[PDB]
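Next up: a structure with forodesine.
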Amino acid sequence: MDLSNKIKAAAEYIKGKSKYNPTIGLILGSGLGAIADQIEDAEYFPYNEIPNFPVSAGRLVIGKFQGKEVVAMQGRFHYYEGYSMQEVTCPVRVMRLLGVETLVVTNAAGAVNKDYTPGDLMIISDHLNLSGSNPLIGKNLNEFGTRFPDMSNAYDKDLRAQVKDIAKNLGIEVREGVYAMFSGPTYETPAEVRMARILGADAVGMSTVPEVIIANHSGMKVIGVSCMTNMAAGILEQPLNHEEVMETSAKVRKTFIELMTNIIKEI
Amino acid sequence: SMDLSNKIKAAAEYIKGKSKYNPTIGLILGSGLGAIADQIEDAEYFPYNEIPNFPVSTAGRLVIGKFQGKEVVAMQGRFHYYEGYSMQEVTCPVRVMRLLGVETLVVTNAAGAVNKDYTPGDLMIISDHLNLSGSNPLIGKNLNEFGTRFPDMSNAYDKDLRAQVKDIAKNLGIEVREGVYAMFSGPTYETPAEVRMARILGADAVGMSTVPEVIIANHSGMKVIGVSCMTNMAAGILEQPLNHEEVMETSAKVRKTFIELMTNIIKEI
Amino acid sequence: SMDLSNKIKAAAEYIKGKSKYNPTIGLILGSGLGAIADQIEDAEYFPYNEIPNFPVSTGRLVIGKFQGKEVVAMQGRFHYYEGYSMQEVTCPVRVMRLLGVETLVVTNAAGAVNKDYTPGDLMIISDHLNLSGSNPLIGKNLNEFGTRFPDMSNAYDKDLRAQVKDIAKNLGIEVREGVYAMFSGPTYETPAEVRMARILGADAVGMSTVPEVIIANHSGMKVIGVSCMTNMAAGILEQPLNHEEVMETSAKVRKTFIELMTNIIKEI
Ligand SMILES: O=c1[nH]cnc2c([C@@H]3N[C@H](CO)[C@@H](O)[C@H]3O)c[nH]c12
Ligand SMILES: O=c1[nH]cnc2c([C@@H]3N[C@H](CO)[C@@H](O)[C@H]3O)c[nH]c12
Ligand SMILES: O=c1[nH]cnc2c([C@@H]3N[C@H](CO)[C@@H](O)[C@H]3O)c[nH]c12
């Protein structure tokens, strides 16, 4: 089965066991899994039961949310754990076949812009791929998109205006800047963070960019919000630590959920 | 590797056994630029799917014959790293052309103009390059019959030959630019942020090719001239999506001037 | 079917059962500096092609006494440009940790991007940039060595770096300090890529060191990096780069380099 058939086999499996035509995809990262656990009349598809899914826990949650039919990944597949870029982004392809037209991606990142504070929410206006790989390398899947997809509106400008307008109505302070993905799993060095600032990055992370590339190629609109869980490694004298990342993510979590619940109602 | 070396020589011996020519000039043409191969005289034709160990495509051909007093072999169609080939698969035809006798390589490509003073249709003499792809064609065991383990890259695009191209274009009235070409892996078009980073790194043009061939060319002992056609302004400069149909149309509108430059270059080389 | 975790265990098991030593300092020498390992006394030799699961060549481990310390030296390292994976390149560091190594001393030869330097200078590495395109920690995390997301704010120990500078001052050895950028290789950089490297904040460009430093820090080891500027980085001068001259410049200051290395190992 070519990668093309393997994607379709996973989609026909879910479609044959689903009452839903989900229109919004959710890749929740910054501890926003609580959003998935509030989906109504949910169907659950764990990854190990879906054919051709990446192996080794997480699950797909499909159901109702603020009048929208959604599908959400609980756990994410990461490039630093050893998965290929094709395995990392396969759930996005299956999402397209389930009917997804708008993808909402959230993550946790380190603030490179010295004007940010941990806890801030940065709408992703653009990204820099600094990992050394590309998920579209290989034979093009013509049933999904063109060989040379455009990336001038990777994070839909009109959707970004909607988030800003929604955040203003709710009184939620929001930032907007360029996200940069490193492969990981090492935290960046102080010199690499200064390099990221020079290249134009406002935040650094280890995800998001692969699925945003595939979602655009598959004909989806993409909206991305990154939660600054820490200052990037070079800016403060304290060492970076993942227990600190989850903690800061948990502090501003409720505001993040409120912002993300309102956009899905209004998309 | 020995397997690669065997398969490279097996491809060249196949071509040599069926060819009348001993070419010294090589050409690598990137799609909307392959029409100059149609002007090679009494040409021989070798489709890639008939040459042993040539990478299978997802139908490009070698064109060998006379051109402006020289004997040339032109790659009508090149293999790209974004299609899934390894770096060694992408560049192994350059090794084949070397065993064919090629001493000077003319690399052409289509690229997006990062320099805001450039215009779609301009021709850029590649003076240097930035490898931003995340791979190197020489990683692995060295092919000792072709070059050294640590090849120098200080004159990758021959300075004397760039000066000869600048004088030929001046003699013909052809405006030519000269700048640095950056290669991304592809097949995505760069984001506006990646284009601004490309300018910060010192790049005047962005493309998805050239760099791997130039590395293997210089490693093999060949001189290289790079002429990149500005088929579009790089992403984010204008308020337009980037489209492969635009790349093809601009390549087609500048073909006449591009043929006249290269035709004279090959004669005076 | 033996996982990476047990392959490293078997390598350490093989060396341990054949060694009376528990070295605390690891030496990845490469700026020539093979004489350092020659001066290891009462030494035990472990050829690479005899340690189980070590990467295949086309080198040896030296363990013994040095300046009051018990050390294990890597005589000849594995490079990413030769085709080894990032895990094959750094596997000896995992083995060195199981042998009890607490501090890693990495030397190399690099091209000087900073125009202040002159060929022959010695630069303490204060930080690095990974421009190779890979990372030796990508894959399943080895829980017995370190954490999933290791911090890299002190990749080259600051207190140790100051001790080198004190030792270099009492010895009268000139010393620079700057950032090391690792390209993949094996090509020498282009003049544009060198200009890019400086814009990125790099003072030297090389083809190694970065993978070992990442794995050493992940395993809980302190790292000292010393780079010898064997040449001006490409484009800085109007002459080509080649390996014969890198080795000539490494040879011209081996004595001075070796005074520094013998003294720091003594005072660590
Ligand atoms: O400063 C950072 N650099 C890189 N990644 C992260 C993250 C994200 N959280 C996780 C590791 O803290 C991981 O998913 C990573 O993408 C938070 N802060 C940073
Ligand atoms: O702006 C650009 N960015 C990247 N590649 C290209 C190209 C080249 N042409 C093809 C894409 O249209 C592809 O082979 C690439 O190398 C033209 N313009 C651009
Ligand atoms: O200017 C340079 N660029 C990249 N590597 C090196 C080296 C080192 N010596 C070897 C290549 O000459 C290799 O180990 C590389 O790490 C010396 N100078 C340079």
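Note on naming: letters A, B, ... go to the chains in the order of the sequence lines (proteins, then strands), and numbering restarts at 1 for each one. All ligand and atom numbering here is 1-based and tracks the order in the structure.
Of the chains in this structure, the chief binding partner of forodesine (ligand 1) is, as the PDB entry puts it, Purine nucleoside phosphorylase.
The heavy-atom neighbours of forodesine (ligand 1) at a 4.0 Å cut-off, by chain: A, C. The residue from A:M181, A:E188, C:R148 that puts a heavy atom closest to atom 3 (N) of forodesine (ligand 1) is A:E188. Between A:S207 and forodesine (ligand 1), a contact under 3.5 Å exists for no N or O pair.
The list of other ligands and ions under 4.0 Å from forodesine (ligand 1) is empty. Atom numbering of forodesine (ligand 1) starts at 1 in the shown order; those under 4.0 Å from a heavy atom of A:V245 are 9 (N), 12 (O), 17 (C), 18 (N). Numbered from 1 in the order shown, with element, the atoms of forodesine (ligand 1) that lie under 4.0 Å from a heavy atom of A:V204 read 2 (C), 3 (N), 4 (C).
Nearest protein heavy-atom contact of atom 12 (O) of forodesine (ligand 1) is A:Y187 OH, 2.5 Å.
Interface of A:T229 with forodesine (ligand 1), defined as ligand atoms under 4.0 Å from a residue heavy atom, comprises 17 (C), 18 (N).
Within forodesine (ligand 1), the atoms closer than 4.0 Å to a non-hydrogen atom of A:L240 are 1 (O), numbered from 1 in the order shown. Proximity to A:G205 (heavy-atom distance under 4.0 Å) selects the following atoms of forodesine (ligand 1): 4 (C), 5 (N). With respect to covalent bonding, the partner of forodesine (ligand 1) is none, since no such bond is modeled. Nearest to atom 15 (C) of forodesine (ligand 1) among the protein's heavy atoms is A:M206 CE, 3.5 Å. Counting heavy atoms under 4.0 Å from forodesine (ligand 1), residue A:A109 touches it through the backbone alone.
The single protein non-hydrogen atom nearest to atom 7 (C) of forodesine (ligand 1) is A:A108 O, 3.3 Å, given as residue, atom name and distance.
At least one N or O atom of A:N230 sits closer than 3.5 Å to an N or O atom of forodesine (ligand 1).
The binding-site residues for forodesine (ligand 1) (non-hydrogen atoms, 4.0 Å) are A:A108, A:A109, A:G110, A:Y187, A:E188, A:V204, A:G205, A:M206, A:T229, A:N230, A:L240, A:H242, A:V245, C:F149.
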In a simple table, one pair per line, please give the protein and forodesine (ligand 1) atom names for every N or O pair closer than 3.5 Å, along with the distance.
from                  : atom 1 : to     : atom 2 : distance (Å)
forodesine (ligand 1) : 1 (O)  : A:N230 : ND2    : 3.1
forodesine (ligand 1) : 3 (N)  : A:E188 : OE1    : 3.1
forodesine (ligand 1) : 12 (O) : A:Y187 : OH     : 2.5
forodesine (ligand 1) : 12 (O) : A:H242 : ND1    : 2.9
forodesine (ligand 1) : 16 (O) : A:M206 : N      : 3.3
forodesine (ligand 1) : 18 (N) : A:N230 : OD1    : 3.0

